[PDB]
> 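The structure under discussion is supplied below as structure tokens; questions concerning it will follow.
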Amino acid sequence: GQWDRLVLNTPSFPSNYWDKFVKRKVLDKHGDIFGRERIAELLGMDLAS
Amino acid sequence: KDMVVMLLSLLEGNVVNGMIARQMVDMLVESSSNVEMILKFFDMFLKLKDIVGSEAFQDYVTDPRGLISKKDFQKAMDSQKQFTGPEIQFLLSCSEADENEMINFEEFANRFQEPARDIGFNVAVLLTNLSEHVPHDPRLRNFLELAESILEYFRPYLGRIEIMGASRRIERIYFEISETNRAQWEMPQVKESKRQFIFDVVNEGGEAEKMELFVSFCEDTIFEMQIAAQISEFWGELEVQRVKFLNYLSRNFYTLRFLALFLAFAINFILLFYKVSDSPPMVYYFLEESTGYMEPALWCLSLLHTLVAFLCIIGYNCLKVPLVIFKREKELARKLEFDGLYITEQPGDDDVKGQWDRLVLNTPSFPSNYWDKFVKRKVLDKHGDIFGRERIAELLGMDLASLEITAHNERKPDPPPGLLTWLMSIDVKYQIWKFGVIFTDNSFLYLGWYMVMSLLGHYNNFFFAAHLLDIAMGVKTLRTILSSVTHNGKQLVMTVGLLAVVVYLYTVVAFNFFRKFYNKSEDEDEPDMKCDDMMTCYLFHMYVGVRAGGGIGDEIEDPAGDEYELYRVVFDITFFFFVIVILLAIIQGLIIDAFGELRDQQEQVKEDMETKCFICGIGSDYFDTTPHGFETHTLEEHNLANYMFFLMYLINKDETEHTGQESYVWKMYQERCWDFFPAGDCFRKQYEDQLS
Amino acid sequence: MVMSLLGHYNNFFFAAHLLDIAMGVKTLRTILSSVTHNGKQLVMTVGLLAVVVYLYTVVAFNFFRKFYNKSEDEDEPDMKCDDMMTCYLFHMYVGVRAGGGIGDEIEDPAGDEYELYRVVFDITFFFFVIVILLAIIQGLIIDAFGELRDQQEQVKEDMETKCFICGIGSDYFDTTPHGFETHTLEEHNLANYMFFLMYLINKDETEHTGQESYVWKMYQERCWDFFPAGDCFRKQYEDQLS
Ligand SMILES: Nc1ncnc2c1ncn2[C@@H]1O[C@H](COP(=O)(O)OP(=O)(O)OP(=O)(O)O)[C@@H](O)[C@H]1O
Ligand SMILES: Nc1ncnc2c1ncn2[C@@H]1O[C@H](COP(=O)(O)OP(=O)(O)OP(=O)(O)O)[C@@H](O)[C@H]1O
Ligand SMILES: Cn1c(=O)c2c(ncn2C)n(C)c1=O
Ligand SMILES: [Zn+2]
Ligand SMILES: [Zn+2]
């Protein structure tokens, strides 16, 4: 788990897996509870773009 | 809560799709608005506590005083996407805001936190009971959907068990499992004890009674560990510090047993650097090293190891010994009450346990650890008519007059505070019995040996080598591997005895005929006749003949060119086959099949656990006609953990407040009849047609 | 690769490359899986051997030390148990390897006032190390073979007594002639449940039929209730299908 922490921030996380929109589902699930901006920083994604 | 405990009562005894359950479902439909208000009140505050814990809330707060403005609180409630507008306004209204409009979010989170817990649990029980007894109803599951949050929160604490009620039908009982009980049941020690009990009961035993003795023991272990962890949660102050010290030892007893082993390795590693030389640094043993303080290190480690061993003995006296004395007091009081082992019958005159336990009966403090403190007064009321009340009084040491005096008003004075009172109030008889039990215990004897070797280590440090064997009892794997040998120990010892007999037969033959062949001497001046005496010749065979790979033929001289040559060939060859080959093969085979049997036993029990329910006895085949039905029936319907939490619920609950089914179970526990356990039946079976 | 490169520094490193055969062919992988199955117990057994031999080294160092003279000429004595380091190495090396035990190596106890104790010492060394402990090691290997064989028969017989998906046994499905085989590779075939997914994934969402859409929505939300557990088309319509 601690090693896998590195790859979350990267923009090319789901490189081989089918879902290329996993980050945008983690946001839509946990953003309310833990802050959309915080999830954006953890997943490296930018909200505006 | 009282209203719902009544509604629940009416539903008692009610079959699936019964009249009363359907009537209350019609009720709740008719009171839909009000019921929804109640459920959504509980939902509001149960969600509210979680939001108060959420990170978004704590980065919306600004004041270091831990207070949030009403507007800030409001926009926090909006951003959590969780409540609607009007209920956000309601929460703001409930906010104990000051004139500055600043809310203490912890206090507002927790004001309704405790008062609503019991009523919430009762509502959860009511909804679950109606759902399970009226399964096919469009109208109730609406309420269940609204109350999903309450059911989720009170799920961990809502235990259900099925029993066989008086009406000869399986009935489900819903009760409350407290937080402490659940936390204590999941603790590692209790879980290990659980798996041992399962292993023992599945290898052999009467199930229901053994479970109940497993529950009762566990309930006493729970007491002891809460007592031990209590501290972590003039003579008076020293007594307080003494209790703290002994509880600290008991709490981390295993760490002490682990450090003791570490010290044994450390010392024995120090012990490797010895040298024996005539010249002082008779003959003198001394360490050889370049450092210089190998030796003071050894001296400190010897004392520290001895101290740790003594501390472990104290830890054992305060952690595990009370359970042992409980399991003997418990069994004796049953043998005394239900079987009359000393009233009617008498100990079998070959069992040391009964005759030893005879001492403690006369003592006034017999049930010191067991729950029943009135066992003597029940043995009297049962057997006094048959065998004389006075005789039972003498056997149990109780006095008849003061027995009824305590039934009247009874005044007692507090004894003067003095160590002499402690010293003299000791019941020498009960203590003698207790220590006889303790020194009879295997683990205590092992720890005592460990201490004795540690002390003798100061007479000569090499005794610390014995302390290495602790590893066998330390780690699991060597305990399994050595359990292989100890499984067939009896056959191994008898095989070794058979070897001695056979070798003695060969010694007989060698002594009578082939004696010129046993000259283990090189020079002709000195002959070394090894079979001149049968003592020497038997020792010769038993020592070198068995150990030699070829057999006795390798050691003794050659038979070539002798008139007994052919007989010697037969003798040596049959020695090789019947001792070196077959008998050693038998010994090794006992070991191999011991491994096989132990592996078989573990797979044996384990596969039992996943093919049948522990309580029901019904197989997984029936319960899997529904998707994953067996798992649900395992840890929802008939869960052995829940049947323990029942007992701790009953014992705690006040007798006046026991419900009908609970009272029925309790009266049976006390009289020790186990018909309430569902055997060969289940709620699915009882109502198979209606539940469909 | 690293051994192959070091093979140019000294060609003998290519010898390590032979161990590849263990990972190459199936049979040696099974045979070595025997040892690796009970590797933990084997290592602990070897450790126990060291502890026991150390105990014997303690006893030998204290009492039976005159018997450890591995020297022929009287001018040069070769005291092997003068130091505990040397004496432990002596036992651990030659005592364990000797067939008889430590009694074969050390000198004879005949005609000595510790003779009887030496007899007990050597004999119990033979039983508790050469016989029992080596038997334990070999027994771990044998039962490893037995367990692996049992596991393969275990799974295999499962596969031919119950359907993988349904969970129902072959007894029900064989009330009809060869019914179990049909229910295996016609009705509930695990290969077909994979070809479904590759059918759904490929198919255009607009064109998913009702049942296909229902399955797809469940795959995506990751609920597995659509798999038939404990039921089959034969069971559902047993009366009508007859
Ligand atoms: N009445 C029963 N109560 C509990 N378990 C049962 C019962 N009947 C059968 N079982 C079997 O017991 C198994 C679980 O036992 P176990 O003690 O491992 O549960 P656990 O909570 O997972 O324990 P651990 O966490 O130690 O593994 C289940 O697989 C189930 O098949
Ligand atoms: N749902 C299922 N799907 C597939 N096979 C099943 C199922 N349930 C049970 N089986 C068992 O699986 C066995 C076939 O497995 P296997 O993979 O060998 O099939 P196969 O196509 O012959 O494979 P191979 O060609 O490698 O032997 C059958 O004998 C059958 O009893
Ligand atoms: C107090 N008490 C009881 O009264 C009891 C019991 N088990 C059965 N009964 C009746 N246990 C474990 C118990 O602690
Ligand atoms: Zn059950
Ligand atoms: Zn199938």
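The first sequence line is chain A, the next is chain B, and the lettering continues from there. Just so it is clear, chain A uses the PDB entry numbers, and the residues here are 4699-4747, in order. Since chain B takes its numbers from the PDB entry, the residues it shows come out as 4021-4253, 4540-4587, 4627-5037. Note that chain C carries the PDB entry numbering, so the residues on display, from first to last, are 4796-5037. First listed ligand is number 1; within each ligand, the first listed atom is number 1. What you see below is based on every heavy atom in this structure, not just the backbone, and it leaves out hydrogens, waters and symmetry mates. Header entry for method reads electron microscopy, 3.4 Å. The structure has been trimmed to a portion of the entry, and contacts are counted only among what remains.
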> Could you help me figure out which of sulbactam, caffeine, fluorouracil, amiloride is at ligand 3?
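It's caffeine.
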> Look up in the PDB entry the name of the chain making most contacts with caffeine (ligand 3).
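Its main partner is Ryanodine receptor 1.
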> Which other chains line caffeine (ligand 3) with heavy atoms at under 4.0 Å?
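Chains with a heavy atom that close: B.
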> Among residues of chain B listed in UniProt as binding caffeine, which lie with some heavy atom under 4.0 Å from caffeine (ligand 3)?
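In chain B, UniProt binders with a non-hydrogen atom that close: B:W4716.
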> I'd like to know which transmembrane segments of chain B, in UniProt's order from the N terminus, sit with a heavy atom under 4.0 Å from caffeine (ligand 3).
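Short answer, by UniProt and heavy atoms: none.
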> Write out the ATP-binding residues UniProt gives for chain B that lie under 4.0 Å from caffeine (ligand 3) by heavy-atom distance.
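Of the UniProt ATP binders, heavy-atom contact within 4.0 Å holds for none.
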> Which neighbouring residues and nucleotides define the binding site of caffeine (ligand 3) at 4.0 Å (non-hydrogen atoms)?
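The heavy-atom site around caffeine (ligand 3) is B:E4239, B:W4716, B:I4996, B:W5011, B:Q5015.
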